[PDB]
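Labels below follow one simple rule: chain letters A, B, ... track the order of the sequence lines, proteins then strands, and each chain is numbered from 1. Heads up, header says this was done by X-ray crystallography, 1.9 Å. All values below come from the heavy atoms of this structure, side chains included, with hydrogens, waters and symmetry mates left out. We count ligands from 1, going down the list as the structure has it; atoms in each ligand are counted the same way.
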Amino acid sequence: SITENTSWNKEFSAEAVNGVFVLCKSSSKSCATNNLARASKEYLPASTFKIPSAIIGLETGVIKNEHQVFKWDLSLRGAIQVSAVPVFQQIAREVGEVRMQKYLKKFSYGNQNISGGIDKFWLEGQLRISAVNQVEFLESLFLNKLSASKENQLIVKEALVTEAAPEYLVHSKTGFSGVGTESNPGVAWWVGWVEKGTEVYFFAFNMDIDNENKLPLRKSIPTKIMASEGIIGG
Amino acid sequence: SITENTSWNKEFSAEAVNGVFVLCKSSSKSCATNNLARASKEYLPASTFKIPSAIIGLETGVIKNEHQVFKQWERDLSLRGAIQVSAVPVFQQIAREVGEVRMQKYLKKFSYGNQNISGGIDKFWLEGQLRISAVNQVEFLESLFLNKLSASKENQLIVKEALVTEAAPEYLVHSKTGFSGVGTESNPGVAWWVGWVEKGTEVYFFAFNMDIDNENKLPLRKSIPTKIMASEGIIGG
Ligand SMILES: *C(=O)[C@H]([C@@H](C)O)[C@H]1CC(SCCNC=N)=C(C(=O)O)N1
Ligand SMILES: *C(=O)[C@H]([C@@H](C)O)[C@H]1CC(SCCNC=N)=C(C(=O)O)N1
């Protein structure tokens, strides 16, 4: 029962941005968004796919453990933060089609369509996922409810930490498919969750982008909205 | 074999502080300190004991899991919240439920300092006879980092996560402060800052302690080691 919040539209209007922001408190049953419609629309996950991929990589053994080093050398958190294109293409290849499919089914990940090439389906393949689905997936991860060891889920959760403050911890992941065209604009993402006190907020944001100079709005807009809600005040 | 960096003492002299800093790269086999004599000297762990206490509490089931919540009425605290503030009673309760025997066994497995928990199961680390050196702190944190402690990998990961205090694109700082109090003329209190930095594919373990007889100096337990590590290029100034 996701409710809409017209107030948050102001932040998009201020920048002339077409996109959506989904923010949920405590669980995926209490969400709000500036565009209930786009909230359920499915888009290429791009780099946000690094989250389920890292979990699957660990679960299948492709990634030895939390201390696994990757030659472009990068740590798991380092590889998650940068493009590190070769790293995750290699992880995907090692996992393979059959195992990848099995896990996305277990994870209920978007349309679960990995067609387009084992080492690129999330960047230029048929995979698509919505902001609402991203939140449901991140919630399962937070609760250690994904079909993977709690050990591996915890490893990825710490690898996703991007901001630390005395009162909260922000876990997040960016994503960007590429400029594209007006008849088919690219999509930029920012998803994650904030642990503030004993409370938790899950969020998913995506926006049409036709110029890379608009990329910073992908983080600024959601940060402003969450800052107002007194969640991070960044 | 720990080496002694004389230049580090200038950071202590600048604030007229008596203390020690132990910093190691990759492992405890590559450590440096401003004073070999004090690096091995055991001191009251104070709040730094919350680290093994948290692991033991989780390993014994006393602490349900990572989502365990703890208790003018102040709202409940998360594991991370409880670790960062005083919340001494929270950990006193944990210690009581763990019990003398189990605590003793775990500190033995953890090779935690002098392993002397006598004189009150709920306060041996705050005023008891328990003592641990900066080098021992590093060894302990190293074991935690490698998941080599006698506890589930899961629980070690939960505690390591709860210890995150600074996040930058290039590094993650895990740390824990400590403060026994101001003590007295003949015996001042001790202040600590221990933890480790994951920078890229490298890891740096650190343990700092200083004598302190006035809370006015507390900020120094973080600033002195931060200056030293910042100078070494490990973390931002
Ligand atoms: C993930 O969605 C993309 C890419 C791997 O497809 C990465 C790269 C970028 S922006 C490009 C700059 N690369 C550095 N030289 C992002 C992003 O979303 O900002 N994620
Ligand atoms: C842990 O060792 C101490 C205490 C429980 O003994 C706690 C409380 C503090 S500082 C208390 C207020 N000081 C004011 N300037 C710390 C700490 O060292 O940060 N941990």
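Measured by close contacts, the chief partner of ligand 2 is listed under the PDB entry as beta-lactamase.
At ligand 2, the drug present is imipenem (open form).
Taking 4.0 Å as the heavy-atom limit, the other chains contacting imipenem (open form, ligand 2) are B. Considering only non-hydrogen protein atoms, atom 19 (O) of imipenem (open form, ligand 2) sits nearest to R221(B) NH2, 2.5 Å. Every atom of imipenem (open form, ligand 2) is numbered from 1 in the order shown, and the set under 4.0 Å from a heavy atom of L218(B) is 10 (S), 13 (N), 14 (C), 15 (N). Near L126(B), with a cut-off below 4.0 Å to any heavy atom, the atoms of imipenem (open form, ligand 2) are 6 (O).
Scanning the protein heavy atoms around atom 7 (C) of imipenem (open form, ligand 2), the nearest turns out to be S47(B) OG, 2.9 Å. When hydrogens are left out, the protein atom nearest atom 6 (O) of imipenem (open form, ligand 2) is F179(B) O, 2.7 Å; that is the closest non-hydrogen contact. For atom 8 (C) of imipenem (open form, ligand 2), the closest non-hydrogen atom on the protein side is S86(B) OG, 3.5 Å.
For imipenem (open form, ligand 2), the covalent anchor is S47(B) OG.
Backbone and side-chain nitrogen or oxygen atoms of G178(B) are examined, and one is located within less than 3.5 angstrom of a nitrogen or oxygen of imipenem (open form, ligand 2). At under 3.5 Å, not a single nitrogen or oxygen of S180(B), backbone or side chain, sits near a nitrogen or oxygen of imipenem (open form, ligand 2). Of the protein's heavy atoms, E215(B) OE1, 3.3 Å lies nearest to atom 14 (C) of imipenem (open form, ligand 2). Looking at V85(B) against imipenem (open form, ligand 2), nothing comes within 4.0 Å, counting heavy atoms. Ligand-side atoms of imipenem (open form, ligand 2) in range of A46(B): 2 (O), range being under 4.0 angstrom from any heavy atom.
Distances between N or O atoms of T48(B) and those of imipenem (open form, ligand 2) include no value under 3.5 Å. Residues contacting imipenem (open form, ligand 2) within 4.0 Å (heavy-atom distance) are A46(B), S47(B), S86(B), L126(B), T177(B), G178(B), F179(B), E215(B), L218(B), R221(B).
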